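What follows is a deposited structure in which one can find crenolanib.
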Amino acid sequence: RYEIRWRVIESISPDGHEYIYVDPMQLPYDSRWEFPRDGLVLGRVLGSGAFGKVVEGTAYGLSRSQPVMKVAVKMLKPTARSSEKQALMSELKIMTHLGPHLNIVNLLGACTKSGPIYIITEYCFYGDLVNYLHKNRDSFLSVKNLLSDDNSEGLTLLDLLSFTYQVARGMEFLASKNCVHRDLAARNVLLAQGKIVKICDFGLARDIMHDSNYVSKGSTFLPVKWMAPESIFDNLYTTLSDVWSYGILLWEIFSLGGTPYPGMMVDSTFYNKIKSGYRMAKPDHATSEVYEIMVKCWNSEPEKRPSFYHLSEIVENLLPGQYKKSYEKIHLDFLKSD
Ligand SMILES: CC1(COc2ccc3c(c2)ncn3-c2ccc3cccc(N4CCC(N)CC4)c3n2)COC1
Ligand SMILES: [Cl-]
Ligand SMILES: [Cl-]
Ligand SMILES: [Cl-]
Ligand SMILES: [Cl-]
Ligand SMILES: [Cl-]
Ligand SMILES: [Cl-]
Ligand SMILES: [Cl-]
């Protein structure tokens with residue numbers, strides 16, 4: 001019945017107390033985005049939620065670079081409320097505002113006139129990261145070119161470092177735009193062709209009510225296992241809090257899809273342990289260096305945590321130099337599209 005909104009920060013008071021977030025309705029939609037309905041063909045349903053669904057699709061003429069293009073389409077169910085339509089429009093405005101990045105699922109086009117609203121997004125071949133890791137759990141054994149391509153081989157530490165680097169980059173981009181994700185987790189990361197990490201959100205395509213990851217508090221659902229202490233207790237959300245989420249996410253990556261705080265249910269006892277300063281032990285496939293990154297992200301003092309930009313730098317040093325070169329070419333190819 002809900003989704004967690006990405007918040008973009010318009011301004012912060014000199015004291016550091018009053019935060020003003022942009023109002024999506026206030027922002028302006030760009031008509032250039034509009035794509036003719038006839039030019040879009042809808043396929044199989046990628047996901048289904050009580051109020052919405054994601055569908056496979058092909059867009060014709062949408063892109064000069066890819067005249068026939070595989071894509072994913074976001075649409076509301078008839079069940080969706082009048083207010084919810086607003087949410088889709090809001091998503092369009094915010095996404096246009098942020099602009100495009102290689103590491104986030106991107107908005108390609110939208111159909112908003114004389115029809116059910118349709119959001120066109122990049123199509124990711126591998127699906128969500130959690131499922132992908134589980135699928136490749138077995139056959140995983142502890143060159144750089146192979147990593148940034150579709151060649152299939154047993155999953156490697158190198159692959160994990162790549163996913164680790166891409167999420168940092170995607171997050172760095174979001175932070176630069178003063179955008180706070182508030183629900184960063186492997187479930188919200190999808191993998192595209194070429195093993196390119198794309199960051200997304202839980203959405204209306206799947207049911208938050210039916211997901212164990214979220215605890216419902218008040219009128220909202222919270223991914224407590226991924227929340228920074230300030231968020232849980234002080235209800236404060238920032239780029240720094242996201243960093244905490246990034247560390248939890250890394251734990252998910254190095255445990256091959258493992259649930260954080262395994263064997264621990266979220267309860268009063270869990271909250272107390274976090275206040276105590278309790279942190280997760282090293283994951284099985286995590287190197288000492290990677291675990292160190294997770295621990296830094298989990299610092300009690302948010303200002304103490306590393307910036308996403310710093311994290312990208314740290315991860316890069318743990319990757320062969322050719323990986324960085326490959327990322328750069330892919331980044332440039334991505335910005336050259338169309
Ligand atoms: C043929 C396969 C194809 O799978 C897929 C799945 C989702 C795919 C996809 C290919 N391209 C894109 N998206 C998207 C895109 C935006 C999303 C925005 C919010 C939420 C999403 N999701 C992610 C998947 C989840 N099961 C439902 C909600 C989104 N998904 C099966 O994996 C390969
Ligand atoms: Cl959003
Ligand atoms: Cl096909
Ligand atoms: Cl583990
Ligand atoms: Cl080690
Ligand atoms: Cl820093
Ligand atoms: Cl940051
Ligand atoms: Cl960088």
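Throughout, numbering of the chain's residues begins at 1 and tracks the sequence. Because only heavy atoms are used, hydrogens play no part in the values below, and waters and symmetry mates are left out as well, while side chains stay in. Note that ligands are numbered from 1 as they come in the structure, with each ligand's atoms numbered from 1 the same way.
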### Query
For crenolanib, which ligands or chains should I point to, including every copy?
ligand 1
### Task
Find the chain with the greatest contact count to crenolanib (ligand 1) and give its name in UniProt.
Platelet-derived growth factor receptor alpha
### Task
State the UniProt active-site residue of chain A that lies closest to crenolanib (ligand 1), plus the least heavy-atom distance in whole Å.
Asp183, 10 Å
### Message
Quick check: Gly203 and crenolanib (ligand 1), any N/O pair under 3.5 Å apart?
### Response
no
### Task
Consider crenolanib (ligand 1): state whether an atom of it lies below 4.0 angstrom from any non-hydrogen atom of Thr121.
yes
### Query
Is the closest heavy-atom distance from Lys198 to crenolanib (ligand 1) below 4.0 Å?
no
### Message
With a cutoff of 4.0 Å, is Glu56 in contact with crenolanib (ligand 1), counting heavy atoms of the residue only?
### Response
no
### Message
Measuring from atom 32 (O) of crenolanib (ligand 1), which candidate in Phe202, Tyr123, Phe125 has the nearest non-hydrogen atom?
### Response
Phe125
### Message
Under a 4.0 angstrom heavy-atom cut-off, which atoms of crenolanib (ligand 1) come close to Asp201?
### Response
19 (C), 20 (C)
### Message
Could you tell me which UniProt domain of chain A does most of the contacting with crenolanib (ligand 1)?
### Response
Protein kinase
### Message
As an exercise, identify every atom of crenolanib (ligand 1) less than 4.0 angstrom from a heavy atom of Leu190.
### Response
13 (N), 14 (C), 15 (C), 23 (C), 29 (C), 30 (N)
### Nearest neighbour of atom 16 (C) of crenolanib (ligand 1) from the list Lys70, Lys74, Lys135, on a heavy-atom basis
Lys74
### Query
For crenolanib (ligand 1), which atoms, with element, lie under 4.0 Å from some heavy atom of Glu122?
12 (C)
#### Entry: UniProt ATP binding residues in chain A within less than 4.0 Å of crenolanib (ligand 1), heavy atoms
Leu46, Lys74
### Message
Would you check which organism the entry records for chain A?
### Response
Homo sapiens
### Query
For crenolanib (ligand 1), which residues make up the site at a heavy-atom cut-off of 4.0 Å?
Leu46, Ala72, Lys74, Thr121, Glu122, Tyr123, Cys124, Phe125, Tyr126, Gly127, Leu190, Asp201, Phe202, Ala205, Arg206
